[PDB]
Each structure stands twice: as structure tokens, then as C-alpha cells.
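Below you'll find the structure, written out as C-alpha cells, and then a few comments.
Letters A, B, ... are given to chains in the order of the sequence lines, protein chains preceding strands, and every chain is numbered from 1. We count ligands from 1, going down the list as the structure has it; atoms in each ligand are counted the same way. All values below were derived from every heavy atom in this structure, side-chain atoms included, with hydrogens, water molecules and symmetry-related copies excluded.
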Number of protein chains: 2
Amino acid sequence: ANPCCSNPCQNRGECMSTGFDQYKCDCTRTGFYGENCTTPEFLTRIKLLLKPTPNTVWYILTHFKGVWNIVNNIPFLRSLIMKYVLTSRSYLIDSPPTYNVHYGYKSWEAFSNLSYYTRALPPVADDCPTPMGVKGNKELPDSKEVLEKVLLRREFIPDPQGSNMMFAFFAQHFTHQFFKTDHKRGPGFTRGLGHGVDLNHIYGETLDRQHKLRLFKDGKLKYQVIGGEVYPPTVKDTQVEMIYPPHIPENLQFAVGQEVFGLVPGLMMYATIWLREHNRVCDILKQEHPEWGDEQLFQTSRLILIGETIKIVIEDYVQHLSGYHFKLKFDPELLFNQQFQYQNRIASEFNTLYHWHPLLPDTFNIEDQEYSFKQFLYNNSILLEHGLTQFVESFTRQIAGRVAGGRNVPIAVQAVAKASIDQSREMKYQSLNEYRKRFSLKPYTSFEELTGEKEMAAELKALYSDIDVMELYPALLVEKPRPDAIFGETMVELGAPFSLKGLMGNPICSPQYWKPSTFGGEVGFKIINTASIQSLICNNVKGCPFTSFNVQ
Amino acid sequence: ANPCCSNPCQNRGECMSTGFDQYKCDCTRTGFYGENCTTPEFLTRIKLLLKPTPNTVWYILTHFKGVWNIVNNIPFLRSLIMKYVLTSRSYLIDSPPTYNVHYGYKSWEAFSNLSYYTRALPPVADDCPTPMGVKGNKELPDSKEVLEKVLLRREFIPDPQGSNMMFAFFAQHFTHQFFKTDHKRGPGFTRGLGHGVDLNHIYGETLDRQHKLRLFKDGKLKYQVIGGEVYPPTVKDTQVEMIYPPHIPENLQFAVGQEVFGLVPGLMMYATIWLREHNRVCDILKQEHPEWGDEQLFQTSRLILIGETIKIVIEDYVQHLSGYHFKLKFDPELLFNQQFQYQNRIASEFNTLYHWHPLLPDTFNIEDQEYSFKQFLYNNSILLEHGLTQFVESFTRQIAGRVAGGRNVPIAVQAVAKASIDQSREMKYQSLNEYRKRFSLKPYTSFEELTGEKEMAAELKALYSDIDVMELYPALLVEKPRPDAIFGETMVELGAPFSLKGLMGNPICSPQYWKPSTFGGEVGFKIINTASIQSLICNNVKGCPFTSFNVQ
Ligand SMILES: *[C@@H]1O[C@H](CO)[C@@H](O[C@@H]2O[C@H](CO)[C@@H](O)[C@H](O)[C@H]2NC(C)=O)[C@H](O)[C@H]1NC(C)=O
Ligand SMILES: *[C@@H]1O[C@H](CO)[C@@H](O[C@@H]2O[C@H](CO)[C@@H](O)[C@H](O)[C@H]2NC(C)=O)[C@H](O)[C@H]1NC(C)=O
Ligand SMILES: Cc1ccc(Nc2c(F)cccc2Cl)c(CC(=O)O)c1
Ligand SMILES: Cc1ccc(Nc2c(F)cccc2Cl)c(CC(=O)O)c1
Ligand SMILES: *[C@@H]1O[C@H](CO)[C@@H](O)[C@H](O)[C@H]1NC(C)=O
Ligand SMILES: *[C@@H]1O[C@H](CO)[C@@H](O)[C@H](O)[C@H]1NC(C)=O
Ligand SMILES: *[C@@H]1O[C@H](CO)[C@@H](O)[C@H](O)[C@H]1NC(C)=O
Ligand SMILES: *[C@@H]1O[C@H](CO)[C@@H](O)[C@H](O)[C@H]1NC(C)=O
């Protein structure tokens with residue numbers, strides 16, 4: 001019924017109904033005009049020829065390594081390029097946010113209600129004839145069939161980029177502070193009202209939860225010592241609610257910021273490391289400020305660990321998966337002379353892109369042991385058995401699975417991979433090509449172009465019939481990977497804008513926050529600016545084991 | 001004890017303790033250096049000579065009326081000047097926000113907790129020897145003595161700018177959507193979690209309250225017809241909670257967005273006007289969009305009334321009290337090529353500046369009646385008796401009191417004016433001169449310089465002894481007024497940055513929102529851009545009575 005169901009407006013134009021069977025496109029500041037905003041203005045036509053393809057920019061950044069060696073050592077030039085990286089990506093994000101799962105039009109409810117994930121593209125109207133709008137059949141192909149044919153893992157396909165389990169669990173740990181779906185309300189809702197990197201997975205979402213976790217001495221968080229090693233406190237000691245099976249002994253019920261981090265020892269490993277990092281920073285700040293109280297020591301340490309997290313994510317984590325030879329740089333000053341909104345709203349699609357199920361291995365290999373999913377889940381006894389040192393060394397060695405390329409989703413999490421499909425449909429997501437156009441990508445003309453091969457493409461064509469009906473999430477996992485890369489084009493070109501906007505949109509990156517006094521002086525400021533995944537492990541894990549996000 | 005108690009850092013430098021009796025100033029991006037950030041850099045020294053005094057800029061804007069007549073009709077030039085107005089003011093505001101009543105240092109608690117008013121200046125630390133830091137005596141002068149000597153009204157002093165009661169009640173009505181002190185928590189807390197112009201005083205703060213107020217037909221709000229006139233619904237009919245004395249008849253207990261607007265008929269008058277405006281806009285939008293449902297009609301009308309509100313505040317309301325001959329302009333496009341944060345956090349100080357107690361008259365003169373405070377309070381029967389038309393005509397005629405100049409606080413509200421003083425001390429406000437310096441003003445060197453006279457100045461000197469101890473709030477009401485103006489310099493130079501930042505910081509002023517489709521097309525967009533305090537009254541009040549923010 002809705003005349004906008006066909007998504008007629010192009011180039012980020014906005015569609016509005018002007019009757020029961022008529023519409024109008026708002027071409028304001030899109031650079032285009034005409035009925036569907038497809039006729040480019042003069043300046044627009046120029047940029048279309050100048051601006052390079054994303055597979056060209058990716059090529060430049062991931063090749064000419066000898067040239068980048070020169071550029072990386074020229075601070076002026078390095079800053080110039082990183083500046084362009086930050087600005088060009090964040091331009092794709094609406095800020096302040098617009099739509100959510102319940103509003104395909106702008107409204108104060110959509111803006112003000114922080115319980116929603118926001119949406120980069122509006123939901124398909126409920127009164128639309130087809131799930132994608134007007135194209136396709138009355139119902140999308142069976143999600144179980146999509147899963148089994150092109151998603152489920154036959155043989156384990158390792159990541160050619162060499163991403164290890166330190167990378168895998170970091171991603172899971174890091175993103176679970178702003179991906180906290182409120183399953184009581186629905187998949188389009190979140191419990192992470194900070195909508196960013198606030199480290200609530202360490203300190204707790206609520207003030208009540210934070211105080212139960214705090215020692216209230218020297219700004220530190222509560223902890224316990226087991227075998228001479230520092231571990232998180234227990235549920236019994238702090239009364240913070242955690243998610244554990246009833247058969248789990250209460251001395252193994254560790255209490256941390258995020259309630260689900262008891263799920264896997266890999267998450268509990270990072271929770272422990274970050275816990276130690278907080279208290280380490282407390283000691284350092286106390287050395288500098290003996291006149292400071294517990295409260296200021298805590299708050300300043302939290303701001304410092306936020307800085308470290310963003311530092312590490314940009315210069316280690318993102319640096320790895322991007323495959324760039326350009327040396328990425330966390331420098332908030334790069335945006336001080338730029339137009340930039342220091343705010344963020346977590347997008348539903350960003351959460352969907354981050355469903356990296358194929359990343360998981362078939363077994364979790366710690367030391368000489370090889371644990372199954374059943375043995376690994378909710379089993380912190382494994383962590384106490386081997387220790388953090390053995391955990392880091394083992395996870396540094398074990399490679400992770402390739403995400404793009406198809407058929408690499410471990411069958412142990414098939415219900416989870418199917419939920420992504422189902423829930424994406426439940427949230428009325430628009431098609432793959434709609435999202436590609438939204439982020440300046442050309443639509444795929446065939447399933448073969450999408451997969452880069454023949455077999456899976458044929459399988460998908462039997463299911464979806466039309467390429468313009470192809471869903472976003474399963475397309476990410478079967479997409480033709482970039483040359484020896486872990487991802488396809490869609491994953492990176494869509495995800496980077498959400499990521500960098502979330503990282504740089506943090507208030508500590510703003511000019512009034514980004515100064516030594518915010519972090520207790522130059523000493524605390526230096527902790528942020530010299531942070532790395534290696535130094536994080538070195539300072540907090542016994543023996544200072546070598547670590548990295550790739551296998552050696 | 002705290003080495004920062006003397007507020008040693010100048011030019012918005014930040015003070016940090018480096019020991020029990022030592023400090024360090026963070027001079028980052030202040031334009032100054034040295035121990036106290038008092039030594040100007042070269043570029044800074046230039047601007048100091050170039051940049052004009054606020055009492056000179058005010059002079060230019062409020063004089064040379066013949067010249068402004070030419071400028072106002074040159075769209076390029078008018079836009080250029082309004083641009084500078086918006087940018088130069090908003091630069092004084094920290095955005096994202098920093099301090100609150102409980103944090104004199106930056107912290108994630110201070111940033112993330114929206115229940116706090118933010119603070120333009122940090123509170124004086126609790127372990128400071130004197131209430132202002134180090135200067136003055138152990139305790140500030142008795143607030144009752146300050147009140148009775150230089151604040152309380154002897155003879156009614158009318159506003160020379162001709163501000164009427166339409167202005168007074170507009171101010172009270174308008175500001176009570178973001179000044180909603182949570183008295184359960186303390187004076188530094190707020191219930192207005194939107195921290196801006198969201199019109200929650202019309203639509204309710206919570207979703208539960210909004211749905212009780214809505215008709216769920218044609219996007220409209222519930223209403224009742226009394227004597228052929230449209231008035232708000234009752235508490236009994238809608239079950240929304242309002243604040244009323246137990247003796248108030250339930251047919252007179254009107255239910256509106258703000259729970260306190262039953263307090264005075266002046267507020268209920270505006271609540272009724274805006275209620276009618278929402279339903280009027282619903283009719284217009286329904287005419288254009290018969291295919292729209294109740295929800296979209298409601299949401300779009302709300303965004304439109306938000307636009308009208310900002311439009312009226314800038315071009316009628318602010319236009320009046322500013323005294324400018326320059327024609328102010330609400331144009332979000334003026335900031336599209338500028339650096340600006342589309343966000344806002346309501347400052348405690350802005351609330352304190354807005355305690356315009358001297359504005360109130362001695363009686364509320366409606367038609368041929370003259371009501372006392374006792375008769376006027378909680379008496380909506382007055383509103384039904386005379387009607388909206390008579391209210392508008394009467395309030396347009398009745399002049400309001402001068403705010404600056406001293407001794408004009410009506411004794412009927414002395415308990416409220418005393419509370420303003422006491423709560424300011426409770427929230428540990430810094431001195432008047434500290435806040436003047438914060439907003440680029442020179443400190444007052446004497447009480448005579450502050451008041452511009454002799455008698456009140458002597459009174460204050462006996463109470464405060466030192467000018468550097470003089471409090472902010474009572475200083476506003478006794479300050480030497482600008483020539484034939486309602487305010488002194490401090491009130492305007494401090495308030496204008498808070499005001500304009502809140503208005504333009506609204507998400508509908510952002511480039512992604514500021515387009516016709518957001519407001520249902522050009523017809524709705526036109527409503528915002530042609531809104532005025534007169535058109536608001538003309539469209540919604542029978543007879544289209546003349547109205548204005550000044551007496552005729
Ligand atoms: C914002 O800060 C206020 C003040 O600290 C918090 O209110 C306190 O909440 C605790 C519960 O954890 C109560 O025991 C205190 O009595 C409250 N104090 C006051 C003054 O009300 C509030 O919880 C914080 N809000 C958020 C969202 O964290
Ligand atoms: C944000 O939106 C959600 C969804 O509309 C609101 O949750 C609803 O709240 C009402 C109460 O007013 C309940 O009757 C519904 O069952 C809730 N729905 C869901 C899906 O949870 C929520 O209240 C909104 N948040 C705010 C702060 O207004
Ligand atoms: C779904 C997704 C997409 C891209 C990235 N990172 C990334 C990338 F893979 C290439 C260039 C820049 C960035 Cl920020 C990430 C990881 C991250 O930035 O948090 C996730
Ligand atoms: C305490 C206070 C100070 C200044 C103003 N308005 C105002 C003014 F009085 C002069 C110049 C610009 C502006 Cl925005 C106002 C009114 C307002 O904008 O809400 C209140
Ligand atoms: C705009 O799009 C509609 C539907 O997508 C199409 O039928 C029409 O031809 C288009 N108009 C143009 C391209 O001018
Ligand atoms: C948990 O891990 C330990 C190894 O430390 C193993 O012995 C035990 O069987 C595991 N528990 C389950 C339920 O698999
Ligand atoms: C800085 O301020 C302190 C206290 O206000 C003062 O004692 C000191 O002399 C100042 N230092 C300067 C102005 O260099
Ligand atoms: C309320 O106003 C009416 C006039 O409409 C007046 O007669 C009455 O006395 C007032 N009520 C009180 C309690 O003063």
C-alpha cells in the first residue's frame with residue numbers, strides 16, 4: 001500500500017508519501033535532483049569522476065608497502081592521511097541519529113529514546129507486499145535452508161590474515177559493551193544506554209552495580225587472589241547479578257561488569273586483564289596524587305582505560321584486520337579543525353555486521369588440551385587450571401576462521417547464526433544492495449558477482465531468485481573475500497563508518513576533555529598514548545608473554 | 001586544604017593538585033601559558049586589542065537604528081551577522097558537558113549521568129576554608145539580611161523595556177521544560193532528561209504520560225470543550241498526575257504535560273494555546289496526508305511545534321529583551337559550514353540566572369479585576385471566567401517588573417527568592433567575579449561599580465566586605481541595569497551562551513533533520529519558518545487578539 005515501499009529515492013534522498021499512491025523525494029543537500037534524486041548537479045558530476053572506487057582505496061592502503069614505509073615516518077603526512085580516514089568514513093553516519101526499528105520517518109521518539117538501536121536505513125513498512133518492499137516473493141527463503149546450504153561449516157577454513165583467538169575474544173569482549181540486546185523488548189533494543197565505549201562491561205551499566213564491584217579504597221575494583229594470582233571477585237562477595245548455570249560452584253561465579261562474561265573463559269580472561277589494568281593505573285595515579293581520594297582515583301582510572309581501549313582498538317585491532325600498510329593513529333587533535341559530532345548512537349546494522357560467527361574455531365586449544373564448545377562454555381575452571389599466561393600464549397597461537405567466503409559457520413552455533421537471519425527479517429531490514437547503495441557501493445548484478453564463484457551462487461539463486469532480494473547478513477558471510485583477506489567489500493565499507501564514529505565520538509576525544517589534567521596529569525595521559533595490546537598483556541600477565549592479533 | 005581552593009587558574013585553565021599543598025594549571029588551548037595561564041601568546045595578545053568590550057557590542061546592536069534598517073534588508077549581511085551571534089556565544093559553552101554539583105573534576109559519572117544539571121564552573125571543594133574558596137569569612141552573610149536590604153520590593157519598579165505579562169508567563173512556561181529540578185534529589189538535579197526544547201511540558205516527559213494525553217485519533221491530544229472553547233482534559237479523565245491542592249474541584253484540575261502548570265492560570269493559558277496549536281497542525285498535516293496514521297501525525301506535529309518554539313523564542317522573545325535593532329533570525333543553515341555540536345546539557349547556572357523574581361507584578365490584572373497572589377495561585381476558575389482572549393489582551397497590557405536595579409522582588413515570593421540564594425550556596429557556587437571572568441568579563445572592583453549607585457552598594461559592603469566574595473544570584477538583581485534595559489551586563493553575557501546553545505543544539509537544527517520531509521513537506525516546514533508569538537495567538541485564540549511581548 002505504502003508508495004515508498006519500492007525505495008524509489010536514490011543517493012540518500014528521503015521518501016515521503018503525498019497520497020495513497022503517490023510519493024515525493026526530498027533531495028535536499030544530496031547533490032542530486034529530479035523525481036528520484038538521480039540527476040546529479042554539476043559539482044556532483046565532477047566528484048563522481050574524481051572520487052575513486054572503494055576497491056581502489058583499499059588497494060592503495062594494502063599495497064605499495066615500500067611507499068607507506070616512507071609516509072609512516074613523516075608525521076605531517078601520516079596525520080594528513082589519518083585525518084582523511086576519519087572524516088571520509090564518519091560522513092556516512094547520520095549524527096544526530098534518525099530512524100529505528102519502529103520509525104521509518106524522523107520523530108522525537110526515535111531520537112530521544114535511548115533504548116533503541118538506531119538504523120542506517122529505515123525499516124521496510126509493515127504494509128509492504130514483500131519483505132524487501134516490492135521485489136521478491138511473499139516470503140523470504142527458509143532461513144534453515146540458507147544456513148545449511150551456504151553458511152554451515154564443512155571443513156574449517158582458517159583466516160588467511162592469520163587472525164588468532166586473542167583477536168577473536170577481544171572482539172567479543174570489546175563489542176559487548178555497546179552490543180547488549182534487550183531480549184525482553186526485542187532485537188532492535190539495547191541495554192547499553194551509553195551507546196559507545198564507556199567500559200560498562202568492566203565497571204557495570206548502573207551506578208548500583210559499579211559500587212558493588214568497587215573496593216572503595218584507592219579507586220580500585222574488588223578482587224580475590226587464587227594461587228597467587230589476581231582474579232575478579234565472586235557473586236557471593238559483591239552481590240552483583242551474573243548469568244551462570246545452577247550447577248556452577250559459587251567460588252567459580254566470578255562477578256564482572258558484563259553479566260554474560262561468565263559464558264566463556266576467553267571473555268573472563270580479558271575481564272581479568274582489564275580488571276588488573278584498572279588497579280595498576282590506580283597505583284600509578286596514587287603515586288602521583290597522594291592527596292587524591294578513592295572516588296577521584298576511580299574516575300580518573302576509568303577515563304584512562306577508556307583512552308587505552310580506543311588506542312588499542314585503532315592502532316592494533318583495526319590495524320590488523322584492515323590489512324593496511326599505513327600506520328593508523330589515534331589522535332583526537334586531528335578533528336579539532338574539522339566538523340565532527342562528539343556523540344554516537346549504536347546502529348542495529350553495526351550489530352548485525354559484527355555477527356562474526358565463522359570466526360570461532362572447532363575446538364579451543366589451550367596448552368596441550370583441545371576443548372569442545374560443550375566443555376568450554378561456562379567453565380572458568382579451565383582458566384584457573386592453565387592461568388592467564390598459558391591462555392595468552394595458547395590463544396596467540398590458535399588461528400581463527402575466515403568470516404567471508406561462505407560455509408565456515410561452526411555447527412555448534414547454528415541456532416545463533418539462524419537467529420541473525422530471523423531477527424534481521426523481524427526488524428524488517430532492507431536488502432543487501434540497498435545497504436550497499438547507502439554506503440556508496442554499486443549493487444551486485446548477480447549472485448556470482450557476490451560470491452565470486454559458481455556453486456554457492458547457484459544455491460542462492462534457487463532460494464532468492466533475484467539479487468535485489470538478497471539479505472544483508474548472509475551476504476556478508478558468503479561474499480567474495482578480498483584477496484587473502486578475512487572480509488568481503490561490504491563488511492568493511494559498511495562497518496568502518498560505524499566503528500570510527502563510535503571511537504572518535506567519545507567525549508574524551510573532544511577538545512575540552514583531551515588534555516593531561518583530565519587524566520591526572522602527563523603520567524596518566526602517557527598511559528593512553530603508549531597503550532598497546534602487547535603492553536596491556538605485558539603489564540598484567542605474569543611472565544610478560546608475547547601477544548598479538550595474528551599468528552606468528 | 002585543597003591547593004586549588006583559590007581558583008588560581010585564569011583564562012579557563014584547569015587546576016589540578018600535584019600534592020597536598022601544590023597545584024598545576026593546564027593551559028592547553030587557552031591561548032595563555034605560565035603558572036596560572038596569565039601570560040598571553042602572541043596571537044592572543046593581538047585578539048585582546050582587536051576584540052571589543054561586551055558593553056560596546058551591546059551598544060552597536062542597540063543603537064544606530066537607521067543603519068540596522070539598511071542591514072536587516074540585506075539577506076547576505078543579515079545572515080552574516082546572525083552567524084557571528086551564534087558562533088561567538090556558543091564558544092563559551094563546554095560541549096560535551098564537563099562538571100556537575102558533585103564533580104569539580106572531569107569524570108564519566110559527570111558526563112553520562114543525565115540526572116545532573118551540568119556546571120559552567122566547578123563547585124568549590126568541600127574541604128575549602130571559605131564558601132568561595134579562600135576569600136571572605138567562614139560563612140557567607142545571612143541570606144535573610146541580603147534579601148530584605150537590597151532585594152525586596154518597596155515600590156514596584158516597572159521594566160523600562162516595556163516587558164509585559166505575556167512575556168513573563170512565556171518565559172515561565174517555556175523554560176519549565178528544561179528547568180525541572182528534582183527536589184527529591186537536590187537542587188543540582190533535574191527531571192528533564194532531554195536537556196533542551198523537547199516540549200515535554202506539552203507532551204509529557206515519559207511515554208506513559210504522553211499516551212494518557214493523546215487522543216490516538218489524527219495525531220491529536222485529548223481535550224474538552226467548555227462554553228464552546230477548547231481546554232485541556234482533566235486529571236479524572238486522563239489519569240495523568242498533576243499538582244493541585246486537595247480543595248481544587250476535579251473539573252478545574254486540567255491535565256497537561258508539565259505537572260506544575262496548574263500552579264498559575266498564566267501557565268495554563270499557554271498550555272492551552274500550545275494544545276490547540278498541536279491539534280491545529282494535526283488538521284493541516286491530515287489535509288496534506290490522508291494516508292498518514294495517528295502516530296505519524298502526532299510525531300510530525302511535535303517536531304513542527306518544536307520548530308515553532310525555537311522560531312518564536314529567537315525572533316520574538318529574545319528579539320525583545322535583547323533590545324537589538326538587528327533583526328535576529330532562526331536559520332539552522334547558518335551553522336552548516338561551521339563547527340558546532342548539536343547537543344546540549346542544561347547548566348545549573350542557566351537555571352539560577354532565570355530566577356526572574358522581580359519580573360512578577362504585585363497583582364495580576366485581568367479585565368477590570370486585580371487578583372492577589374493568593375487569589376491567582378492554583379485558580380483556573382479565573383481562566384474559565386475571562387477566557388483566553390481576555391487573558392491575552394489583559395496580559396499584553398500589564399507591564400512587568402525590572403529584574404536588575406535592586407529592590408524589586410515582590411514580598412509575596414520572598415521565600416522563593418531566599419531559596420535561590422541558599423540553594424546557590426548549597427550547590428557550592430563560585431563568586432560573581434569568578435563567573436564574570438569565565439564569560440570574558442572584567443571582575444568588579446567595588447560594590448559601587450556593581451550597583452552603579454551608593455546606598456545598596458554600602459549595604460552590600462557591610463555584608464560581604466569584599467567584592468570578590470559577592471555571590472552570583474543576588475548580584476544579578478542588584479546590578480546596575482544597562483541604559484533603559486531590564487538586565488545588567490552579567491545576566492545577558494552569561495545567559496545568551498546557554499540560551500543560543502540550547503536552541504541551536506536541538507537535533508532538528510542539524511542538517512539531516514532540517515529539511516521539509518522531516519516536517520511532512522513544505523507546508524509543515526512553512527509553519528516553522530513563518531511562526532511568531534502573534535500568529536500563535538491569532539490561529540488559536542478567538543477574535544485573533546493583538547499580542548506582543550511589550551506594552552503598547
Ligand atoms: C546519577 O547520580 C545520582 C546521584 O549519585 C544517582 O542517585 C543515587 O542512586 C543511588 C542508587 O545507586 C541511591 O542510593 C542514592 O540515594 C541516589 N542519590 C541521589 C542524590 O539521588 C543516580 O542513580 C545516578 N543515575 C544514573 C543513571 O546512574
Ligand atoms: C522506548 O520505547 C519502548 C518501546 O516503545 C518503550 O517501552 C514500552 O513502554 C510501555 C510503557 O509506556 C510499555 O507498555 C511497552 O510494553 C514497552 N514496549 C517495549 C517494546 O518495551 C520505552 O518505555 C521507551 N523508553 C522511554 C525512556 O520512553
Ligand atoms: C564490521 C567491521 C568493519 C570494519 C571494522 N574495522 C575496520 C576495517 F576492517 C577496515 C578499516 C577501518 C576499520 Cl574501523 C570492524 C572492527 C572495528 O573497527 O571495531 C568491524
Ligand atoms: C538569562 C538570559 C539571558 C539572555 C537571554 N536572551 C538573550 C539576551 F537577553 C540578549 C542576547 C541574546 C540572548 Cl539569547 C535570555 C532569554 C533566553 O534566550 O532564554 C535569558
Ligand atoms: C523513479 O522510480 C520509480 C520507481 O522506482 C520509477 O518507476 C520511475 O521511472 C523513476 N523516475 C525516474 C527515474 O525519473
Ligand atoms: C570444565 O573444564 C575442566 C578442565 O579444567 C574439565 O575437567 C571439566 O570436565 C569441564 N566441565 C565440563 C562440564 O565439561
Ligand atoms: C599564581 O596564583 C597564585 C595564587 O593566586 C599566586 O600566589 C602566584 O603568585 C601566581 N603566579 C603567577 C601570577 O605567576
Ligand atoms: C478564584 O478566582 C475566582 C474568580 O474567578 C475568585 O472569585 C475566587 O475567590 C478565587 N479563589 C480563591 C481561593 O481566592
Please name the chain that forms the largest contact set with ligand 3, as given in UniProt.
Prostaglandin G/H synthase 2
What is the name of the drug located at ligand 3?
lumiracoxib
Name every other chain with any non-hydrogen atom less than 4.0 Å from lumiracoxib (ligand 3).
A
So which heavy atom in the protein is nearest atom 10 (C) of lumiracoxib (ligand 3), and how far is it from that ligand atom?
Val492(A) CG1, 3.5 Å
Please write down residue, atom name and distance for the protein heavy atom closest to atom 19 (O) of lumiracoxib (ligand 3).
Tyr354(A) OH, 2.8 Å
Please list, in number order, the atoms of lumiracoxib (ligand 3) under 4.0 Å from a heavy atom of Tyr317(A).
16 (C), 17 (C), 19 (O)
Please list the nearest protein heavy atom to atom 5 (C) of lumiracoxib (ligand 3) with its residue and the distance rounded to 0.1 Å.
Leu321(A) CD1, 4.3 Å
Out of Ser499(A), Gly502(A), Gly495(A), indicate the one that has the non-hydrogen atom closest to atom 3 (C) of lumiracoxib (ligand 3).
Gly495(A)
Of the residues in chain A that UniProt says bind substrate, which ones have a non-hydrogen atom under 4.0 Å from lumiracoxib (ligand 3)?
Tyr324(A)
Backbone, side chain, both or neither: what part of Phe498(A) comes under 4.0 angstrom of lumiracoxib (ligand 3), heavy atoms only?
neither
Tell me: protein heavy atom nearest atom 4 (C) of lumiracoxib (ligand 3), and distance?
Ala496(A) N, 3.7 Å
Measure the distances from the heavy atoms of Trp356(A) to every atom of lumiracoxib (ligand 3) and state whether one is below 4.0 angstrom.
yes
Hey, which atoms in lumiracoxib (ligand 3) end up nearer than 4.0 Å to a heavy atom of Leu500(A)?
14 (Cl)
Tell me which protein heavy atom sits closest to atom 13 (C) of lumiracoxib (ligand 3), plus the residue, atom name and distance to 0.1 Å.
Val318(A) CG1, 3.4 Å
Among residues UniProt annotates as active site in chain A, which lies closest to lumiracoxib (ligand 3), and at what heavy-atom distance, rounded to 1 Å?
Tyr354(A), 3 Å
Nearest non-hydrogen protein atom, atom 1 (C) of lumiracoxib (ligand 3)
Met491(A) SD, 3.6 Å
With backbone taken as N, CA, C and O and side chain as the heavy atoms from C-beta onward, which portion of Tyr324(A) lies under 4.0 Å from lumiracoxib (ligand 3): side chain, backbone, both, or neither?
side chain
Which heme b-contacting residues per UniProt in chain A have a heavy atom closer to lumiracoxib (ligand 3) than 4.0 Å?
none
How is the binding site of lumiracoxib (ligand 3) composed, by chain and residue number, at heavy atoms under 4.0 Å?
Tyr317(A), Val318(A), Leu321(A), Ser322(A), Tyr324(A), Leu353(A), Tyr354(A), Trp356(A), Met491(A), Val492(A), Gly495(A), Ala496(A), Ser499(A), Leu500(A)
Give me the pairs of N or O atoms, one from lumiracoxib (ligand 3) and one from the protein, that sit under 3.5 Å apart.
unit_1	atom_1	unit_2	atom_2	d
lumiracoxib (ligand 3)	18 (O)	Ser499(A)	OG	2.5
lumiracoxib (ligand 3)	19 (O)	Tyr354(A)	OH	2.8
lumiracoxib (ligand 3)	19 (O)	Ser499(A)	OG	3.3

